[PDB]
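Here the structure comes first, spelled out in structure tokens, and everything after it is commentary.
Labels below follow one simple rule: chain letters A, B, ... track the order of the sequence lines, proteins then strands, and each chain is numbered from 1. The deposited model was determined using X-ray crystallography, 3.2 Å. Both ligands and their constituent atoms are indexed starting at 1 by order of listing. Side-chain atoms are counted along with the backbone in the values below, which use heavy atoms only and exclude waters and symmetry mates. Portion of entry displayed, and contacts counted within that portion, nowhere else.
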Amino acid sequence: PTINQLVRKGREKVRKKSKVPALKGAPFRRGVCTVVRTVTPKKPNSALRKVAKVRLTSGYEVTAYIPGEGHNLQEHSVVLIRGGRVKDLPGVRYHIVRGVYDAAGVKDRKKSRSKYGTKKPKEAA
Amino acid sequence: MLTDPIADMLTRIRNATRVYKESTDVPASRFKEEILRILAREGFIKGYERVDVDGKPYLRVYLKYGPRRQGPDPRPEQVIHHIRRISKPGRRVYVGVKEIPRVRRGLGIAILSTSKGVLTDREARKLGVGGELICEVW
RNA sequence: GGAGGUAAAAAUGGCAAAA
RNA sequence: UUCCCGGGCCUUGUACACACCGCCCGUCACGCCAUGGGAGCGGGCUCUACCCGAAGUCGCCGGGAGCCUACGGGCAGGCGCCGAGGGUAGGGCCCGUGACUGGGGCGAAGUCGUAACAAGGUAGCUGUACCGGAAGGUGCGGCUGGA
RNA sequence: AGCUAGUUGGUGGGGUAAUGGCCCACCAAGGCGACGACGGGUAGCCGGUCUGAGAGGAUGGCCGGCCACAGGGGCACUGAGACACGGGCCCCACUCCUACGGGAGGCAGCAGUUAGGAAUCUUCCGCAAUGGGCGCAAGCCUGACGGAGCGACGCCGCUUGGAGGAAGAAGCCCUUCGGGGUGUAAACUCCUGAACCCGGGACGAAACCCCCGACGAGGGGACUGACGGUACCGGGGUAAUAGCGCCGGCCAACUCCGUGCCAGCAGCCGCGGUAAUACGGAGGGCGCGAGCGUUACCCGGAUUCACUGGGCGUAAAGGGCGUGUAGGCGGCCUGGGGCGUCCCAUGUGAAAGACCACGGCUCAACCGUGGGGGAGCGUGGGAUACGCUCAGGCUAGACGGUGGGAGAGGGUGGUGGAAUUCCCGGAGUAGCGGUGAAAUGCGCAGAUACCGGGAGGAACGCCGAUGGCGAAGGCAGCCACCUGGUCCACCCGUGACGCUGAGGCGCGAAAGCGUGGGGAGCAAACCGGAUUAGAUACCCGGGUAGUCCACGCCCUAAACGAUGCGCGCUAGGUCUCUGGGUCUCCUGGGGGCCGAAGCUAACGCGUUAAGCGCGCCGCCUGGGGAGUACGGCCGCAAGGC
Ligand SMILES: NC[C@@H]1O[C@H](O[C@H]2[C@@H](O)[C@H](O[C@@H]3[C@@H](O)[C@H](N)C[C@H](N)[C@H]3O[C@H]3O[C@H](CO)[C@@H](O)[C@H](O)[C@H]3N)O[C@@H]2CO)[C@H](N)[C@@H](O)[C@@H]1O
Ligand SMILES: [Mg+2]
Ligand SMILES: [Mg+2]
Ligand SMILES: [Mg+2]
Ligand SMILES: [Mg+2]
Ligand SMILES: [Mg+2]
Ligand SMILES: [Mg+2]
Ligand SMILES: [Mg+2]
Ligand SMILES: [Mg+2]
Ligand SMILES: [Mg+2]
Ligand SMILES: [Mg+2]
Ligand SMILES: [Mg+2]
Ligand SMILES: [Mg+2]
Ligand SMILES: [Mg+2]
Ligand SMILES: [Mg+2]
Ligand SMILES: [Mg+2]
Ligand SMILES: [Mg+2]
Ligand SMILES: [Mg+2]
Ligand SMILES: [Mg+2]
Ligand SMILES: [Mg+2]
Ligand SMILES: [Mg+2]
Ligand SMILES: [Mg+2]
Ligand SMILES: [Mg+2]
Ligand SMILES: [Mg+2]
Ligand SMILES: [Mg+2]
Ligand SMILES: [Mg+2]
Ligand SMILES: [Mg+2]
Ligand SMILES: [Mg+2]
Ligand SMILES: [Mg+2]
Ligand SMILES: [Mg+2]
Ligand SMILES: [Mg+2]
Ligand SMILES: [Mg+2]
Ligand SMILES: [Mg+2]
Ligand SMILES: [Mg+2]
Ligand SMILES: [Mg+2]
Ligand SMILES: [Mg+2]
Ligand SMILES: [Mg+2]
Ligand SMILES: [Mg+2]
Ligand SMILES: [Mg+2]
Ligand SMILES: [Mg+2]
Ligand SMILES: [Mg+2]
Ligand SMILES: [Mg+2]
Ligand SMILES: [Mg+2]
Ligand SMILES: [Mg+2]
Ligand SMILES: [Mg+2]
Ligand SMILES: [Mg+2]
Ligand SMILES: [Mg+2]
Ligand SMILES: [Mg+2]
Ligand SMILES: [Mg+2]
Ligand SMILES: [Mg+2]
Ligand SMILES: [Mg+2]
Ligand SMILES: [Mg+2]
Ligand SMILES: [Mg+2]
Ligand SMILES: [Mg+2]
Ligand SMILES: [Mg+2]
Ligand SMILES: [Mg+2]
Ligand SMILES: [Mg+2]
Ligand SMILES: [Mg+2]
């Protein structure tokens, strides 16, 4: 455009949108479980991913993904929200941390224990 | 209507260098004649003279080129590779002595109009004046 | 010899996939 | 050698390229989500007009009536304007909610048809108008993104 | 998109330390706004901080400067100073004590609680330092401060040994079993010595005070340390925690087993459905280390908001076209000013931070000193090339004059023929139309085909073209009137009058709407007859609005050259339309094809640019949802912006 149009209209900034509405963008958010179930994936895959709708402290109600192998989630379990979405799951844009709440960590996990909240085992090794 | 007689003149030269014409007639004004004086000092042209066309004064500028290269596309190397007006009338550009560009790391020339006449980047840095940066040539 | 210039027919093919 | 089946060369068109046994459009059925309309209901902020209006500054009175150390003075006190705030009534914005409803997005293989892409078997697209379960069809005019 | 009652100005008062509608009476009717008032949302602002090559983008946590609040709101008193955090009065909310009538309180001070939350500490020591209030002083107060404690929260420093050591133990992993890998790694042998035990032990402290000198200068003397017996110094002395992420590509590091689109991984592309270096485990390896990852946010990459530094023929994007307001921009010459602009000096730009040197903690982090400049803004002085302004002048831009030239340019009125349909007369028969083929339909009530006459509407064959005209949509028989635009010659007059153009304004095919007129042909809808599985379609026979006129609306488009307007510049060849000439040929405008240089991603453009430049406007920023919904304006409605 011309120089004179730049002092009239000006340049517009992008002003991006948060993919995570976690109330001021807090890193974590406590919530209580209400349902614990499985949801079929998108068209290029097929499995049964374990999910849970959670009623956080902000008054909303969203779906979260349960990672790992095996868990302990019921209709009345407290849990912590991580953040990050699942590509094959529609409407699921949050993750569940494991280890310190009524949601335990993946037991019999040996490689990545920081994620999936498994504590250090000592079996003479 | 000639919104910019200076930038038009710079393109009357650019339309001639790409076809290797002997000369080009541009309209006359003393400010653009003063630009041709600096253009002959650094050696981009062979000169100019005040000619008369249809009773009106024009400036017949004698262009300068390189030697005929060997191999395909025997067009000689341009003496003037790039030339364009900086201080356009829609966007005036005024600079001091500290804000003078290193045109082609000094291999080029930055012509500018100052209070002590129209000079180039070297002598304007020596005199220490600065002003309206007209054009860059390299 | 440069233009204007000839239709009776007949639908469909599960999703996803190699250096 | 006009026609059916297969094949070779040249060319044209193409949205096809596990390549027409290709692709792809729309309605309907199911599930989830967000959003608009909606008899209305609720909430927050704000504006206007009036009624009441505490403290207090300021302005009169200080008298049939008080206290005061100098008194054609002071203090208490009475009144008046303004006034936080409360109320009554009507509006302006925003938000939540509501039976029901309109279209939309998403969801590996459900139904109905063949619209487009090969002259897609009615050249296609288009602005408008009318009709039809639906892609769509047709009328008038226009475009080459077709001969 | 309009706002304004103390709203804007005046006069006189009130009030203040002080100007002021700050407040009050009277008068005038003004003030603000696309340069974005008014309203809505959000937010303390800065030095600086983070990023970035830079320009910029983001941010305002610690420290420092300014403002504003002390549960919410108002108000004054005191006083140099307050509308006052630990002062006063009153209302609301809340807590507590009551003998019930009326009282007490205000952590956003230091700690500590509760509640919220992903999450943030000690109800510690001391006035020894520095600083503050009071006091002549002695001295008192100081949760300011100096310190200590909690927390890998961040940066920095250090440890978990070091040197030897097998042709290379055991375990474990892979194996084409011959071997290869962990791996000098361990064990083992020397040496050093974190932690710990013992002794010593501070700097921060010198003044205020006292003595001589006059309680002055000057000199001398004494007292005091929370941190803390802590740092540190000397002697002795122990082999003394390693963990986290990754290993398909981006991206550095591969083999085995398990599982079989299950379980599962995932930031993007994507892996898994029987032999997976992408899942799970094991071995090995790579990266980093008291840390390693993850999630959330900011900048980068992103030249995907492009001033540096982008684009619009076909990828998203040129407004449908024109006229024109504000605005932006402006030809050649010469003077006056010096506003932009440039230079020199001066002042300011606090300090800290940042940059560079030298130092202090045994190094660094941290800290001390010193130096160097910013940008901006105020003042004085100078320069005048360019922009700006004033004045004189010019003609190449633009406009006019004289005389011609073409054209379906527009509006109004009149008119000509051919053809279709219908009516009438004649003559004339058994079929005509229709299709790919048939049927519906018309026809012995006399059809088709032929002749003659009449009515009525619409469109103008041949000329006619790859043609012309207009700004666009668009415009075609003929005549005349009214009228616009344009081209050439002469170079006569004016003399910079110029280009673009937000808003506004006018035009705007077809379809549609209103009122009236008209209706031959055609023809949405609709009804038949065929086709087909079905036909709401293609094909056929009928057929109403509409198509046509006058006036008023609607304002869309593949409104297309999918290319905005004006000007200057860069080889030509060739077809045609239309002026002028010393009409061979030259020269001016208009429509086309091919093509130099050049541009583009290619197709392609190429003096009718998509080339090289300048001025201005519109517009684009992944696809869908969607030109949808709400709000606003327009419209009779359909609907449009
Ligand atoms: N996706 C954009 C829109 O999709 C619409 O189409 C939507 C539906 O009409 C369409 O439905 C199709 C149906 O056409 C077709 N005949 C059968 C097919 N299984 C359906 O598919 C749908 O439904 C199945 C489950 O029933 C889902 O698992 C699947 O993801 C979904 N595509 O699937 C689409 C949703 O994915 C229209 N085409 C139009 O509005 C537009 O294209
Ligand atoms: Mg240099
Ligand atoms: Mg079917
Ligand atoms: Mg698949
Ligand atoms: Mg052959
Ligand atoms: Mg072929
Ligand atoms: Mg097919
Ligand atoms: Mg008296
Ligand atoms: Mg008296
Ligand atoms: Mg509602
Ligand atoms: Mg609602
Ligand atoms: Mg709904
Ligand atoms: Mg399914
Ligand atoms: Mg079709
Ligand atoms: Mg078809
Ligand atoms: Mg078709
Ligand atoms: Mg149509
Ligand atoms: Mg129809
Ligand atoms: Mg705030
Ligand atoms: Mg950058
Ligand atoms: Mg409080
Ligand atoms: Mg207090
Ligand atoms: Mg808590
Ligand atoms: Mg002290
Ligand atoms: Mg003191
Ligand atoms: Mg071994
Ligand atoms: Mg000491
Ligand atoms: Mg020692
Ligand atoms: Mg690698
Ligand atoms: Mg396997
Ligand atoms: Mg592997
Ligand atoms: Mg693995
Ligand atoms: Mg991986
Ligand atoms: Mg950027
Ligand atoms: Mg970024
Ligand atoms: Mg730019
Ligand atoms: Mg771009
Ligand atoms: Mg397209
Ligand atoms: Mg496009
Ligand atoms: Mg256009
Ligand atoms: Mg357009
Ligand atoms: Mg000028
Ligand atoms: Mg000046
Ligand atoms: Mg400073
Ligand atoms: Mg003049
Ligand atoms: Mg003349
Ligand atoms: Mg104009
Ligand atoms: Mg119209
Ligand atoms: Mg019409
Ligand atoms: Mg009508
Ligand atoms: Mg008909
Ligand atoms: Mg059929
Ligand atoms: Mg018909
Ligand atoms: Mg066109
Ligand atoms: Mg020409
Ligand atoms: Mg060409
Ligand atoms: Mg324009
Ligand atoms: Mg529309």
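Going by contact count, the macromolecule most engaged with ligand 1 is what the PDB entry calls 16S rRNA.
Lab note: drug at ligand 1 identified as paromomycin. The chains other than those of the drug that have a heavy atom under 4.0 Å from paromomycin (ligand 1) are D. The deposit lists the origin of RNA chain D as Thermus thermophilus HB8. The 4.0 Å heavy-atom shell around paromomycin (ligand 1) contains D:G26, D:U27, D:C28, D:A29, D:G105, D:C106, D:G107, D:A108, D:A109, D:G110, D:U111.
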